[PDB]
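Complex: sunitinib / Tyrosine-protein kinase ITK/TSK.
For chain A, we keep the numbers from the PDB entry: what you see runs 355-372, 375-393, 399-501, 521-619, in order. Whatever order the structure lists them in is the order used to number ligands and atoms, beginning at 1.
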Amino acid sequence: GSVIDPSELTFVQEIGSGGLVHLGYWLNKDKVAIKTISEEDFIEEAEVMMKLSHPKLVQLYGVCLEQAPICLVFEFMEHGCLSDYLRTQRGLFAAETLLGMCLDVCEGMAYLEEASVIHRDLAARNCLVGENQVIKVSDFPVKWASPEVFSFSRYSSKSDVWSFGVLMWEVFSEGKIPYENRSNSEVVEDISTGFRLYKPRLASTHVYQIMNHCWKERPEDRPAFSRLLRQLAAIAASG
Ligand SMILES: CCN(CC)CCNC(=O)c1c(C)[nH]c(/C=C2\C(=O)Nc3ccc(F)cc32)c1C
């Protein structure tokens, strides 16, 4: 990828918290989101992302290495984080649009799955909303963790699929907090007993069926993103 000189970056306003995210411009031209900061792990993260090209995965302009704190320079996504966007635009969403959002994410995730990339932190807060409400996965939390993850630390694309199910719930609930007021231990025990998040009003029976398939106890009973994508698309086509 391209190396970016600090002089080429204009930091306009802080927009995110964690490192930090700033609204800015590169070369007095492109609107960018600048993410300031382990330095080597921070850079490698960018290196991985710059070689993964998909319409539903966020893209970088480059890396600014010269001056501490080092930063990553991303494309600007006008509607920000999905979690935030869902909450602010609550009441304006048709079910079809919410399903479309899930499809966008599923597309990105199927590409990552094929590339043998586990996200490990897939959630609406780690998705971004751009031009014409296109959703992109970014940055590629027990409430999003599968049973084999919170118990055995057993990650796979199938554990991402569980996370995606929770993301679907976030989307169809229009940005509600999953398992609100519940402690980590309460989430673990409830899910292990068989508790699943309720069906949001905007989620059809068909959509909820898919959520529950993402929430199967055994990873092998969950669909891969590649197949999940077609299941989601089929519901859209059915009407
Ligand atoms: C006034 C209302 N505002 C418009 C949505 C809300 C404030 N703005 C916002 O929250 C916001 C906006 C408009 N973009 C981002 C973040 C990113 C972006 O654009 N590309 C990225 C690439 C990588 C990444 F890790 C974050 C971002 C935020 C937090």
Heavy-atom contacts under 4.0 Å between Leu379 and sunitinib: side chain, backbone, both, or neither? neither
Sub-4.0 Å protein heavy atom next to atom 12 (C) of sunitinib: yes
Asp445 near sunitinib, heavy-atom distance under 4.0 Å? no
Suppose I only count heavy atoms of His440 and a 4.0 Å limit; which atoms of sunitinib are within that range? 5 (C)
Heavy atom of protein closer than 4.0 angstrom to atom 6 (C) of sunitinib: no
Only heavy atoms of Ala389, strictly under 4.0 Å: list the atoms of sunitinib that pass. 17 (C), 18 (C), 19 (O), 20 (N), 21 (C), 27 (C)
May I ask you to list the atoms of sunitinib that are less than 4.0 angstrom from any heavy atom of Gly441? 11 (C), 12 (C), 13 (C), 14 (N), 15 (C), 28 (C)
Closest non-hydrogen protein atom to atom 23 (C) of sunitinib, residue and atom name please, with distance? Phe435 CG, 3.5 Å
Nearest-contact summary for atom 20 (N) of sunitinib - protein heavy atom, Å: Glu436 O, 3.0 Å
Contact atoms of sunitinib, heavy-atom distance to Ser499 under 4.0 Å: 23 (C), 24 (C), 25 (F)
Which segment of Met438 sits under 4.0 Å of sunitinib when only heavy atoms are counted: both
Where is the nearest protein heavy atom to atom 9 (C) of sunitinib: which residue, which atom, and how far? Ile369 CB, 4.2 Å
UniProt active site of chain A closest to sunitinib, heavy atoms, to 1 Å: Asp482, 11 Å
Could you tell me whether atom 3 (N) of sunitinib has at least one protein heavy atom nearer than 4.0 Å? no
Between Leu489 and sunitinib, does any nitrogen or oxygen pair lie at a separation below 3.5 Å? no
Counting contact residues of chain A for sunitinib domain by domain in UniProt, which domain has the most? Protein kinase
Heavy atom under 4.0 Å from sunitinib: found in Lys391's side chain, backbone, both, or neither? side chain
Please check if a non-hydrogen protein atom sits closer than 4.0 Å to atom 27 (C) of sunitinib. yes
Could you see which bit of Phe437 sits under 4.0 Å from sunitinib, with heavy atoms only: side chain, backbone, both or neither? both
Show the binding site of sunitinib at 4.0 Å, heavy-atom contacts only. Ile369, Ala389, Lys391, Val419, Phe435, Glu436, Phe437, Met438, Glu439, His440, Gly441, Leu489, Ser499, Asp500
